[PDB]
Visitor: 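PDB structure, Homo sapiens cyclin-dependent kinase 2 holding R-roscovitine.
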Amino acid sequence: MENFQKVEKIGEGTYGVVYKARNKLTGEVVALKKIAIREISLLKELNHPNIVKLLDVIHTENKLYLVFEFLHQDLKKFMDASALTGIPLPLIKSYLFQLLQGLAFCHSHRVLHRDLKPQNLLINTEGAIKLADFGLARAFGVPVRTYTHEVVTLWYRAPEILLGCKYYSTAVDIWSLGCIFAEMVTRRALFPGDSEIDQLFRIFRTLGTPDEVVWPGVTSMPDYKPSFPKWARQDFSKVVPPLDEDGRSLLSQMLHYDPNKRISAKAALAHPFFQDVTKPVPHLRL
Ligand SMILES: CC[C@H](CO)Nc1nc(NCc2ccccc2)c2ncn(C(C)C)c2n1
């Protein structure tokens, strides 16, 4: 649209191209997504420090542009830049702290993300990290292949979604974040599934195959089969070295199979892992 000179293609998303753009009324650099209206108009109203601010919604000539605040880098790029040294733990801890603050905010207005991953986690030079694309998956889709036929990752999907629950809760977000948490620590994807049954089975081999004892009602889920192989749970000390006892208790609590048992975001901010949070500035050049 006309009020915006786009100055860069930032990237192909799930729903559209994103451009860095110079709003020439306000003069402000801004991120322009080219893509329900009741829904995405609702989002304009939920602003948190750790949620990427939806500035405007432009439905002109029956198209959809969403104008957001601009952040300089995403988490996935930053994990790749920090591959040989790893992200320092005080940084990992503070980023997790902030994310749970943002999750705790949306979850109380009953907005889920439900497609979290390193790629829609965005960071600035200050030491802040924000959550991007919140509320959109509800508004349209979360599809299997994007608009450019890229396969949407299954790596972070909560197992009740994989097992065919259609009434996900906010717990599916705490699941994903446990997966991103573990990955920030090991420098290696927790559950790197390449199909839905590979994803299911990758979870099972590590956490153990779920039954009626740990997960009440799993065996009557839509896509549960009695023929699932029965694997044994692994020790978290083998799964996420060198994470400490506090981190691992937290991580297993976010990775609980039963969604009712899985730790809430508000409760995670009170876990002893976060007793010593600081806010460090990260090493990042632009
Ligand atoms: C949600 C994922 C999106 C595309 O993969 N990434 C991205 N990346 C942004 N910045 C990453 C970046 C900044 C500068 C250059 C290259 C990439 C960004 N800023 C605002 N937004 C809105 C659309 C959420 C941004 N979105």
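Throughout, residue positions are numbered sequentially from 1 according to the sequence presented. Every heavy atom of this structure was used, including side-chain atoms; hydrogens, water molecules and symmetry mates were not. Whatever order the structure lists them in is the order used to number ligands and atoms, beginning at 1.
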Visitor: With a cut-off of 4.0 Å, which atoms of R-roscovitine are near a heavy atom of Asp133?
Guide: 1 (C)
Visitor: Applying a strict 4.0 Å limit to heavy atoms, is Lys20 in contact with R-roscovitine?
Guide: no
Visitor: Please list the nearest protein heavy atom to atom 22 (C) of R-roscovitine with its residue and the distance rounded to 0.1 Å.
Guide: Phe68 CD1, 3.9 Å
Visitor: Starting from atom 13 (C) of R-roscovitine, locate the nearest protein heavy atom and write down its residue, its atom name and how far away it is, to 0.1 Å.
Guide: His72 O, 3.1 Å
Visitor: Starting from atom 3 (C) of R-roscovitine, which protein heavy atom do you reach first, and at what distance in Å?
Guide: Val18 CG2, 4.4 Å
Visitor: I need the atoms of R-roscovitine closer than 4.0 Å to a non-hydrogen atom of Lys33, numbered in the order shown.
Guide: 23 (C)
Visitor: Can you report which non-hydrogen protein atom sits closest to atom 2 (C) of R-roscovitine, along with the distance?
Guide: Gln119 O, 3.8 Å
Visitor: Where, taxonomically, does chain A originate according to the PDB?
Guide: Homo sapiens
Visitor: Identify the protein heavy atom lying closest to atom 26 (N) of R-roscovitine, giving its residue, its atom name and the separation to 0.1 Å.
Guide: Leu122 CD1, 3.9 Å
Visitor: Show which atoms of R-roscovitine fall inside a sub-4.0 Å distance from at least one heavy-atom site of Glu69.
Guide: 19 (N), 20 (C)
Visitor: Give me the nearest non-hydrogen protein atom to atom 20 (C) of R-roscovitine as residue plus atom name, then the distance to 0.1 Å.
Guide: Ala31 CB, 3.0 Å
Visitor: Could you list the atoms of R-roscovitine found under 4.0 angstrom from a heavy atom of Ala132?
Guide: 24 (C)
Visitor: May I ask which of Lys77, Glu8, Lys76 has a heavy atom nearer to atom 17 (C) of R-roscovitine than the others do?
Guide: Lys77
Visitor: Just need the protein heavy atom nearest to atom 5 (O) of R-roscovitine, so name the residue and atom and give the distance.
Guide: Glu12 O, 3.8 Å
Visitor: What protein heavy atom sits nearest atom 10 (N) of R-roscovitine, and how far off is it?
Guide: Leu71 O, 2.8 Å
Visitor: Which residues would you count as binding R-roscovitine, with heavy atoms within 4.0 Å?
Guide: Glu8, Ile10, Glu12, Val18, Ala31, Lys33, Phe68, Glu69, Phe70, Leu71, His72, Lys77, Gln119, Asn120, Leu122, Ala132, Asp133
